[PDB]
Amino acid sequence: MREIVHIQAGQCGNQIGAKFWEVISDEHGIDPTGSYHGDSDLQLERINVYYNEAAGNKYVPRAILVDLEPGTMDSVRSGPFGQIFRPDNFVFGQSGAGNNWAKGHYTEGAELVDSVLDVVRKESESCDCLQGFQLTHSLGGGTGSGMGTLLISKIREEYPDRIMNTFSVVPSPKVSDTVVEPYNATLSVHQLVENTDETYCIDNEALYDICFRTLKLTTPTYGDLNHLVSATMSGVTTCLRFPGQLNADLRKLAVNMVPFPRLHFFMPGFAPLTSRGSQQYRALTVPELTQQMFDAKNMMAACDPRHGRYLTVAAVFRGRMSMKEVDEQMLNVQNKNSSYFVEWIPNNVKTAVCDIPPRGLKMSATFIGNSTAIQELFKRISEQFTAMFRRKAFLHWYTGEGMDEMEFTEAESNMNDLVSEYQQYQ
Amino acid sequence: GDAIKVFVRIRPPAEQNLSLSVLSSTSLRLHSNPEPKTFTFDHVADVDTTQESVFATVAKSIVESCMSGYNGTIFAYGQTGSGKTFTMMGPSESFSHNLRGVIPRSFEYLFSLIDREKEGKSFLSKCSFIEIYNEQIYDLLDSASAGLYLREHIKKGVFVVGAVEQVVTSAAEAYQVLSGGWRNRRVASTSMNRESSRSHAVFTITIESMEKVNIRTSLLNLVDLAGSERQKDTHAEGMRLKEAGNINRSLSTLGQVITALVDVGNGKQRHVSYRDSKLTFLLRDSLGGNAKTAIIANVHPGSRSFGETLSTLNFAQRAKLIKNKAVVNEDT
Amino acid sequence: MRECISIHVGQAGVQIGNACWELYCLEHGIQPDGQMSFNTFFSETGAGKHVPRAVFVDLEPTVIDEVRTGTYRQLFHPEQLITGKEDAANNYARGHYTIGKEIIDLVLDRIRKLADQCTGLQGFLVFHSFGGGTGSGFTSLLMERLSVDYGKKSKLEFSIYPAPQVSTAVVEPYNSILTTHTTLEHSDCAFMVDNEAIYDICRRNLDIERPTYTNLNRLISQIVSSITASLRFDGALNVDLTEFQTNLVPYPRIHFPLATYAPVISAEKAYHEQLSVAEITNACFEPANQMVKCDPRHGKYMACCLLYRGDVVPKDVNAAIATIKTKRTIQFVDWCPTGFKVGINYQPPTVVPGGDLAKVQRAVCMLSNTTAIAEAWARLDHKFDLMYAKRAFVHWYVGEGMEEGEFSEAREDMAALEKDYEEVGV
Ligand SMILES: */O=C(/[N][C]([C]([O])C(=O)O[C]1[C][C@@]2([O])[C](OC(=O)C3=[C][C]=[C][C]=[C]3)[C]3[C@]4(OC([C])=O)[C]O[C]4[C][C]([O])[C@@]3([C])C(=O)[C](OC([C])=O)C(=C1[C])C2([C])[C])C1=[C][C]=[C][C]=[C]1)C1=[C][C]=[C][C]=[C]1
Ligand SMILES: Nc1nc2c(ncn2[C@@H]2O[C@H](COP(=O)(O)OP(=O)(O)OP(=O)(O)O)[C@@H](O)[C@H]2O)c(=O)[nH]1
Ligand SMILES: Nc1ncnc2c1ncn2[C@@H]1O[C@H](COP(=O)(O)OP(=O)(O)NP(=O)(O)O)[C@@H](O)[C@H]1O
Ligand SMILES: Nc1nc2c(ncn2[C@@H]2O[C@H](COP(=O)(O)OP(=O)(O)O)[C@@H](O)[C@H]2O)c(=O)[nH]1
Ligand SMILES: [Mg+2]
Ligand SMILES: [Mg+2]
């Protein structure tokens, strides 16, 4: 039961998703030919959650690849795990998106969306029991932002009782990557607030900082950054696919992380994070892992958690460990840093445990934080957007596709409301 | 500003400890023990009160203010089967004619006043009728419609994009739009009410006058809300239960908005989550904004409804505290 | 004969039940297959096998899937092991209203079938958690249905209480209070522990540095065995489940025993120690050895029952009880002078290989109702108030059929209970 439909939209979403599938395939013993070559029955027990089986022990991701240009998906196909995907699950156009939310949401994306939806429907019909949908996309482009927003809206209209979660790569205010980035991000978030149950917010700046400080990586590749995201994503759903002492459903995780409908933007983190060389000075305790998880250097969103408070924190631990040791350690953390934990919620954290480590580790952990501090990120985007709007800069590209000033104003009002709500529950 | 007007209407039980008593037009007695609780609003009507009486006490003033250029909202709030639809619309084929509720009477009164005003001023009236079903919008004027959404405006109006706006010259023409739409609003059968409303009905009349030029524009919102429902009493299951879940949720956020406003009205800081539900967003101006709002709280006497009646009264009491800032919407 | 029925609901309860059944098998001489008053917990087949008079429920399949592949697997008959589709998601409103009102009927029919084996159906056992989503609402529903059907029959709840300081879920406080609202007016007796106390006991008396779920569950299993053995085995001064109801329920609403099991002694500490009866009794009455966060000095014991096992003499026990009465610190209620029931079984407890405990000739299970537990209730209500003031994590519950006044009514009920406890103490 509880099978998940995977969607990648836009370039960043598609390349991240390729790595995500590579990771999970390795985890479940699936080789690039779609054949299983694992050593444990636990490896196949819940393979249904991400894969469909075909004749000849072939396994196929229930994955949809969407793009408005062909090049990215062609590169995916050429790649090592690209031939595992079922070819009819590539849905793509040829007319470019111009980093333009309007092209993705209104015009060029509107032409392609129905064909995507039909494939979605087939996957849903092939599910014993659909749990939800996982999307990968950027916030600042045209395809991920415009197209992805569109797709999510239509799927929630069709499956309003199911889980809708996104891994969304967001702008980093100190190093912008596109000129219209604030426009694309604000337009996207304006609809993600309404039509998603949880959004995992990654900025590349934080990933670079992680790579430099802890992993001792002078030269990060996008592949390595994608690996980091992929590890988070795998960790999030481990307890749907495996046994545990205390188990976590996706809905239950939402169930523990969302005090108010709108506040579902999480900072993900991971542990352990060290170099190949700074590992022999360390041993692998639950305390050590928790310390590493609550280290600002191991956050994947662009904020100092001390510039705010955690409303709720979910930790998912993998490997054999004493529940009492874990609980006691987290209580100590709460006691010593009580000012960073909102006092409305006794037992500020949720713990989940999965009796199975990821390969080559004895212990691992994934961290999900919902902090008032992340309001600062929204502030920075809102200010960036606002200045350009004051001068109506770059606007003709969007007005030419039918978009109106009032819609933009609405988006800004939504952003400001979000930050106000965080201020209220500071 | 001006505090909202709250009225409590006591429906008659079907043909007997009441647990509710009418102290005076101004006050009521609920019978909770051991210790009493007294509630006072703007006006309380007991079981005998007629439809005409309700119109005179609650609606007539708002219609007049609408003519003067103010926005106005009347909405019925209460537990399932308390009388919200009967009050707003009336019976649905019952006695029928005299039983018609506030909406048809408002049509009649408004058009008579405008006809009287005619004797260089002109009037333009458009109507829209929509339902909020499962946090979704459906157009009662066209069954074909789909993809309706809410949008904020410079007119401060939150409106439904793509809703049919029907121009109406007379009360009779308006009646046709209402009758067709009323059939449209979704109703289902629960143990509590065979006629239970599964959506929140929003009937909107836009009144624009031109004195030639000065332009006065009034939005009149006549809202028949769905009611809070306990599953055990309603025995709602399946789709009926899904509707109940949405009804309770949107009503919960209505309560959240009303409470938050009370905090803010007194020196405090609070955020009103207007956009938590489509209902609260559309009603945003009606609650603390630029509109004269009257709330009719419908209660069933009867010991069984004690808890729900308590809840409705408590909500209404808080609502009374909210102050609105209504101005004439003018143009020169 | 006098014969019983076992129900294990929610992940935690299922886990406990596994351990319990293992213990039972080791005691009566049953294999993993079923091969060889034993019939209180094991109905015979045509030949060879014995079938645990049991029911296993969880809406998470993964829990019972684990059972279905373990060593203890073909002991169970697959009629019993029931599974759902989507889990309870730590949400009373899914366990009671939505997914509960779907499969409860099946479980009831199974229970009826099992009863139609019992000539002397003595009663039930329910294992759950004031803290799981399954165990908070579904359990209540099941109890209600059982009351509707039988009423007169004996009903027990083994309830894992929310630990005042440590907590596990984000909406443990709501769930527990909702369970209290519904279970309180059906289940005549509830035996309760929390994990914090067990952890403490493991640290101090057993010198165990790693506190984990298996050993903890084994401790609870031992208590369960001690409670039962009066039905399962011979002995002067025997006990019935109905006798517990009569003995430990002064007023019909107040029926929340604590538990404790002594000796809790490791392999070394059994030596350098005699283990006398009086000594064991003293240990049972110790503030720290109690299985919940509740100082027994902060109140008065109303009604107490003590279930001695193995090599025991009545006169010694009487002397020990006299000594305890003499002690002025351990206060009793003015109006109940006779606040002891003595239970003695010639069967000594037998401990599971690869576990915490060592052999002890003489052991006790002590079950007590006090005015002191009210503090825990008050703490829980305070927690509930603190998070209900914001009304956070409420949008999970409202969607699956709920009302705002229900919570208020529950809080009123809790207040009334507290008042009753205070009156009792006076
Ligand atoms: O990501 C993949 N797989 C993991 C694990 O199952 C696994 O085997 O991890 C390895 C990964 C290596 O490379 C280290 O990580 C990296 O250097 C890395 C590069 C780019 C992005 C992220 C990480 C590893 C490290 O990362 C992980 C993910 O474990 C970085 O900090 C941790 C701590 C580890 O201790 C470290 C440093 C190692 O050195 C370790 O080596 C040894 C000898 O123990 C390695 C791993 C444990 C490593 C050097 C080989 C996974 C995580 C979560 C979900 C699923 C899988 C993966 C899968 C397929 C192909 C390639 C990688
Ligand atoms: N003794 C013991 N307690 C446990 C165990 N697992 C969970 N608990 C306790 O049970 C509570 C959480 O409830 P769970 O039983 O895990 O939840 P559930 O009944 O499975 O319900 P859902 O998972 O929400 O469907 C917490 O108070 C935990 O401390 C276990 O293995 N042993
Ligand atoms: N004042 C009244 N006099 C006579 N009948 C009434 C009165 N109020 C309500 N009723 C009757 O009660 C039934 C309606 O319940 P209604 O008044 O429609 O409930 P409701 O509030 O709209 N229920 P719900 O839609 O679930 O919130 C109708 O058939 C009415 O005729
Ligand atoms: N992690 C990661 N981020 C990317 C990648 N490619 C682009 N991005 C980020 O995504 C944003 C740009 O959006 P993009 O997806 O390229 O535009 P689109 O193709 O129109 O959807 C910028 O913030 C980039 O830094 C990638 O391969 N990996
Ligand atoms: Mg109605
Ligand atoms: Mg569970």
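The chain called A is the first sequence line; B is the second; the pattern continues. Here chain A follows the PDB entry, giving residues 1-44, 47-360, 369-436 in order. Residues displayed in chain B correspond, in order, to the PDB entry positions 24-38, 47-125, 128-152, 157-249, 254-373. Heads up, chain C uses the PDB entry numbers, so what you see runs 1-36, 48-437. Atoms within each ligand, like the ligands themselves, are counted from 1 in listed order. Both backbone and side-chain heavy atoms feed into the values below; hydrogens, waters and symmetry mates do not.
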Worksheet entry | Drug name for ligand 1 | Taxol (bound form)
Worksheet entry | Most-contacted chain for Taxol (bound form, ligand 1), named by UniProt | Tubulin beta chain
Worksheet item: Counting non-hydrogen atoms only, which other chains lie under 4.0 Å from Taxol (bound form, ligand 1)?
Response: A
